[PDB]
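The structure described below contains divarasib (bound form).
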Amino acid sequence: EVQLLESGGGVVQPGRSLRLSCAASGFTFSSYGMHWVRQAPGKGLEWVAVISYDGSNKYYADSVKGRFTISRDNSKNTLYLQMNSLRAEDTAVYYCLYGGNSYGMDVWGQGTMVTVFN
Amino acid sequence: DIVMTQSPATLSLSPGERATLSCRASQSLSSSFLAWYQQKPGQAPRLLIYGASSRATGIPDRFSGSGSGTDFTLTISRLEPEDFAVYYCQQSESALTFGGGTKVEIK
Amino acid sequence: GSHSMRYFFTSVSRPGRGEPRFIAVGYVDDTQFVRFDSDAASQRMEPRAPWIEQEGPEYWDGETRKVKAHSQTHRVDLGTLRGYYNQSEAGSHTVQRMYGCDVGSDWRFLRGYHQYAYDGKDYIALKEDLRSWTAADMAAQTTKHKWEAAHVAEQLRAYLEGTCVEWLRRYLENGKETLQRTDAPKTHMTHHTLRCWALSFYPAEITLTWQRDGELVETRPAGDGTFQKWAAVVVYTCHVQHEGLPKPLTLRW
Amino acid sequence: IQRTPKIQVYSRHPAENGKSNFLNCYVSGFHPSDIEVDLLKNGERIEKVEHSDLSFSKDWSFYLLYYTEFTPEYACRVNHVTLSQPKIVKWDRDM
Amino acid sequence: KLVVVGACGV
Ligand SMILES: *CCC(=O)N1CCN(c2nc(OC[C@@H]3CCCN3C)nc3c(F)c(-c4nc(N)cc(C)c4C(F)(F)F)c(Cl)cc23)[C@@H](C)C1
């Protein structure tokens, strides 16, 4: 059974870093590139980050550029997102996605909430 | 940068009525990289169409996708009570870009 | 023997007939294995070898993404180069780009190429050190300065050293039956002027010579993965030297 | 920068009467990329021409291979900017 | 495989 499970979400004050970890089970994690996609409460889906299958090529959105770092570790089958200098704009539900292909295989994580306030 | 604009913002159709949604890309797109997702209010998005014309596994026959180049359309032939959700269009040719999302609601 | 992977990209500006046409080709040794044509219906990277079809659909997805990025870059490049040269918008102009890598018999990195040409003349060439550029005309100075500001030489060097070599090794291992093959040139003589023919050999590298007491045509593809060539002299032995020949062959009438 | 293409007409296998074979016209070393290459039998063009896809050599000049099914006059007609008049090269068994 | 970064030209 294919499955993506994300942990590390919670309430965070502004200006502080948070780490999200997505573990994949049931499919060959080492062959495919993975995305981090966030959705603000009541707002449309927004793409945050993408990483290749080596981890050599990583790209981030214009809004989150310079503060987000995506990473992957194929030994433990994990995909990490490190968010730095979190602001009030960064509150959203985050999903780890194995999608954006042409053969029609997509897996969506449960999605963890990241809320920013004091 | 690729920009996808979705129309209409909202749809108000009674059950059983035709539904047509449009997604326009800023630049010419390979037809194999467009997808159409359906998100319920309380769940994660679910892939309906991949490749702009091919339905995924376990998708009802009423969903269909068409178009090429810049403009694409998603058609629901007969709306069902479970078909009322928010529909997004996604491109994967360069990075990823979801549309604004068209929410269909009963009149 | 040394094996090389190359990629050739051609972008031709069409004045009013539509967007500029873009063609990409990938070669391993003398065998093509991919192809992208802008006017093809699929608009995807297409396999042109039996072995490369083994790759999964994610490989084709990545290849299509990269080749469409190249197409967009060349489409912008035609306009920016016409602006650099102050050329009229009426004429059609061609832009070519070739890059790739070589591996020796030990399958380690040996050489790397990156070259950009405008209207059939050299424009910007990565040097053999793989850390500097070679620029000829005045617009090439601006292109070199922009590229150096972008730090693209380091990225290209890293690609050519690691990824090109690793994937060339993978392709050769997958295509051991075809790519790692030498065919002895079938040689025979025709008298009319003597014409010495070498037919159905691989790779395209051959040397035909004519000696008296000790014309030519460029090697043409036969179409089935082998090549032909002949050398004629008007009146004496024809000597044929090939990689697949343990010793060169000599033919006399 | 204009370059006159070089044309070679040949069979894939040594031509023999009443045998299936492939007639190929190879055009090499021309600029610009556009060119018209038609294989014609008895002066009539063959509609089933399939050509190899575009490439080029180190000196930035292109080449193409136009090949068809046939059974051993055939010739190859090439039209280009440098050529004032279309150039026909007649296929022959010897060379 | 084709190059990802560095394809940017002129
Ligand atoms: C200099 C070379 C060049 O022309 N480019 C442009 C295309 N490209 C690229 N660029 C981005 O950046 C996204 C930009 C920046 C923030 C705003 N946004 C519009 N992202 C790229 C990608 F995400 C990918 C990519 N895409 C998908 N769907 C999956 C995967 C695995 C990738 C990737 F391989 F990169 F990891 C690609 Cl292929 C290219 C992207 C570069 C080629 C640079």
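In the text below, chain A, chain B and the rest are named by the order of the sequence lines, each starting its count at 1. Start at 1 and go down the list; that is how both ligands and their atoms are numbered. Heavy-atom basis, side chains included; hydrogens, waters and symmetry copies ignored.
The main partner of divarasib (bound form) in this structure, judged by heavy-atom pairs under 4.5 Å and named as in the PDB entry, is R302 Fab heavy chain. Chains with a heavy atom under 4.0 Å from divarasib (bound form): A, B, C, E. Residues in other chains coming within 4.0 Å of divarasib (bound form) by heavy atoms are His35(A), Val50(A), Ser52(A), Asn57(A), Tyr59(A), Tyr60(A), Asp62(A), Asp1(B), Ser92(B), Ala95(B), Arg65(C), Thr73(C), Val4(E), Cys8(E). In the deposited entry, the molecule designated chain C bears the name MHC class I antigen. The structure places a covalent bond from divarasib (bound form) onto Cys8(E) SG.
The deposit names the source of chain A as Homo sapiens.
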